[PDB]
Enquirer: 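Here is a complex structure; among its components: cocaine.
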Amino acid sequence: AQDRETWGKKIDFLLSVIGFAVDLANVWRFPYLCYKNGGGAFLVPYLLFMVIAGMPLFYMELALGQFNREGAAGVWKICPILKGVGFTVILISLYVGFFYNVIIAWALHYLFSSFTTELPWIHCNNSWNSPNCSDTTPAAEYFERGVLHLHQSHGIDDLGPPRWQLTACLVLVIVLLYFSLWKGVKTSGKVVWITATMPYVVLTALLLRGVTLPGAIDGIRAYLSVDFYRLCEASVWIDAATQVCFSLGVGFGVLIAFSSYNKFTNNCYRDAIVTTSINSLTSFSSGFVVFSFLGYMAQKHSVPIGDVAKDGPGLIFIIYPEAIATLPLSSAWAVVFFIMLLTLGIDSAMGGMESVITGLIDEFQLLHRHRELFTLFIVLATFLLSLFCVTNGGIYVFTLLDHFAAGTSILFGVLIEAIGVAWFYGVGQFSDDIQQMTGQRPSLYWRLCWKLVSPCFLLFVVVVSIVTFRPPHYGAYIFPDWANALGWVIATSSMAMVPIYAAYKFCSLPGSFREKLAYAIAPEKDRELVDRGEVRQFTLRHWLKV
Ligand SMILES: CC(C)CCC[C@@H](C)[C@H]1CC[C@H]2[C@@H]3CC=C4C[C@@H](OC(=O)CCC(=O)O)CC[C@]4(C)[C@H]3CC[C@]12C
Ligand SMILES: CC(C)CCC[C@@H](C)[C@H]1CC[C@H]2[C@@H]3CC=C4C[C@@H](O)CC[C@]4(C)[C@H]3CC[C@]12C
Ligand SMILES: CC(C)CCC[C@@H](C)[C@H]1CC[C@H]2[C@@H]3CC=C4C[C@@H](O)CC[C@]4(C)[C@H]3CC[C@]12C
Ligand SMILES: CC(C)CCC[C@@H](C)[C@H]1CC[C@H]2[C@@H]3CC=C4C[C@@H](O)CC[C@]4(C)[C@H]3CC[C@]12C
Ligand SMILES: COC(=O)[C@H]1[C@@H](OC(=O)c2ccccc2)C[C@@H]2CC[C@H]1N2C
Ligand SMILES: [Cl-]
Ligand code: NA
């Protein structure tokens, strides 16, 4: 049995986790959400849900991965019946790889288009521009008709052939991903030294550029404006809970995979605290750049900052490029901005594909000795299934996947994972494992958060996400009913692995229905006890313990 590889340095693991957590959305979505829900007031619920349910779940995932020394699927030897959860998260990661890499392809396309003295999104005396342009705006028109070519597609049912420019950019992104992941963590941990730190350098450059622009200080003030009376709204609290759930990186199996390569005696508690703090602070600080630029644009157009900020995939390819085109040395700033976008997306894509590859390789030993070939297969499958999003109507497929690929699926996966780790396995045994690893047993606060607060919070978020579901849309396009049905099928194909694997495991285990249950819910480490008839999970005391 080949010894499992470990991170060459700890800075490798920390930067991998930070690069995965810090992505395009986290840098450009969170501050906009904060502004839209009371600005600084939105930090009250967010932090709260970070203290009681976010940090505990991050810590749980890291500790579980580190102790069990396996990926998302192999980690579930603590409760075999729930092992499908692993596959669920893996599937989600795989699904997110079929559309997320197209964002990096768009960023690469804009980067190659930025090496010119005349940026192609400053005016609309171009072949791709409709007569209606009047400074839809030139930047939005360029994005939609010169890069995506949406005007040539009538909807998700009229995708058309893949675009060769976008296909070439996707090929470049895919090659980068493969050569970043083919050798394991020994190369990924060194690639994150560049892809996880360049975004901060470019963000500092853009922050120093923006604050000096006219009208940027007004945008910053609007960002930091505190409206506590907005906290009486349930929408603010629901948005905070949803943002905490979807901004941490839990539910994809990536934290488990990353921590599975950590030394057993590593301190996952400090790692969780540090990484969560860095991710949250990065998301908060990116708001200063976002809203300096938004306030500058608002002053230029003489409109409220709320009107400038659009919502959608092209929020980073329409508004910020438009602001950059108006700066001195606009070409250099555009190149820097799109390099930052590439480095923000590439590390997250690497983290997701690492989750997929680690989980599947750990599950099946046939792929253990061949990681290069399996990485090539996974990457080529991602590329081939990513070709639907680079078609003429590729924004519609991208929107469908972005809405349904990791929505309620992530929340359900994290909920079932928390239940399995805190109830089926027990917070007592999890705490004993953490004490064995780090030497310090989790305090009562962590145990209570894992056992009671986190499951209730995740169940509430799942329920509100299902109840307040709104079908996806792009611009004036209304997705057809069959498109919504296909999206729900995609969302449920991840989550159905839990019941499917539960049924398969229950039927596979030999014995009566009391032997099957005992061997399915009891940890594999307790096998001897289960043989004598000493199942902890069969005692009410186990379930009521904290
Ligand atoms: C969005 C902007 C304002 C950035 C601020 C966010 C982070 C800096 C916050 C979000 C969640 C917070 C954490 C939530 C929970 C805890 C556990 C807490 O520990 C305890 O409650 C005691 C238990 C024990 O010591 O065993 C120590 C602070 C810490 C790490 C918090 C540190 C600060 C964090 C990372
Ligand atoms: C395992 C699977 C479900 C994960 C997601 C893969 C993606 C890339 C797949 C799954 C279902 C696919 C869609 C199935 C139906 C159609 C209608 C057809 O007229 C054009 C292609 C289009 C719009 C496909 C686009 C790509 C698609 C969204
Ligand atoms: C011009 C400046 C801002 C660019 C540099 C910013 C980058 C390199 C900085 C910003 C935040 C930093 C991280 C913050 C704290 C830690 C925890 C420590 O235990 C290991 C290093 C690590 C993980 C840092 C690595 C470098 C880092 C990612
Ligand atoms: C539409 C595409 C992208 C979906 C890919 C799904 C993944 C999870 C599938 C595709 C091929 C599969 C492998 C095919 C061959 C074997 C050998 C056999 O002993 C079962 C396990 C194993 C190793 C499978 C594991 C799961 C696997 C890697
Ligand atoms: C698309 O989903 C994401 O963007 C997630 C994540 O991305 C992926 O999980 C992923 C998976 C496969 C391919 C590409 C990206 C990065 C950060 C952390 C959680 C969230 N994001 C804030
Ligand atoms: Cl966040
Ligand atoms: Na990232």
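Residues 57-191, 210-620, in that order, are what chain A shows, numbered as in the PDB entry. Ligands are counted one by one from 1 in listed order, and the atoms in each one are counted from 1 as well. How was it done? The header gives electron microscopy, 2.7 Å.
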Enquirer: Do you know where to find cocaine in this model, all copies counted?
Expert: ligand 5
Enquirer: At the binding site of cocaine (ligand 5), which chain contributes the most contacts (name from the PDB entry)?
Expert: Sodium-dependent dopamine transporter
Enquirer: Who gets closest to atom 2 (O) of cocaine (ligand 5) by heavy atom: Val145, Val83, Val152?
Expert: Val152
Enquirer: Work out whether the distance between some heavy atom of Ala480 and some atom of cocaine (ligand 5) is less than 4.0 Å.
Expert: no
Enquirer: Hey, quick one: which of the residues UniProt lists as binding Na(+) in chain A get a heavy atom under 4.0 Å from cocaine (ligand 5)?
Expert: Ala77, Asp79, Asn82, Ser422
Enquirer: Give the atoms of cocaine (ligand 5), by number and element, whose distance to some non-hydrogen atom of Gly426 is under 4.0 Å.
Expert: 11 (C), 12 (C)
Enquirer: Determine whether any heavy atom of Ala77 lies closer than 4.0 Å to an atom of cocaine (ligand 5).
Expert: yes
Enquirer: Would you mind listing which atoms of cocaine (ligand 5) come within a distance below 4.0 Å of any non-hydrogen atom of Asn82?
Expert: 22 (C)
Enquirer: Considering only heavy atoms, which of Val78, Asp79, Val328, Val430 lies nearest to atom 22 (C) of cocaine (ligand 5)?
Expert: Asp79
Enquirer: Please identify which atoms of cocaine (ligand 5) are closer than 4.0 Å to at least one heavy atom of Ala423.
Expert: 14 (C)
Enquirer: Tell me which transmembrane segments of chain A, counted from the N terminus as in UniProt, lie closer than 4.0 Å to cocaine (ligand 5) in heavy-atom terms.
Expert: 1, 3, 6, 8
Enquirer: Can you list the atoms of cocaine (ligand 5) that are under 4.0 Å from a heavy atom of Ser149?
Expert: 11 (C), 12 (C)
Enquirer: Less than 4.0 Å is my threshold; does some heavy atom of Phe320 fall inside it relative to cocaine (ligand 5)?
Expert: yes
Enquirer: List the residues forming the binding site of cocaine (ligand 5), heavy atoms under 4.0 Å.
Expert: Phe76, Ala77, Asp79, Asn82, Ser149, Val152, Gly153, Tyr156, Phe320, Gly323, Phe326, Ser422, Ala423, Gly426
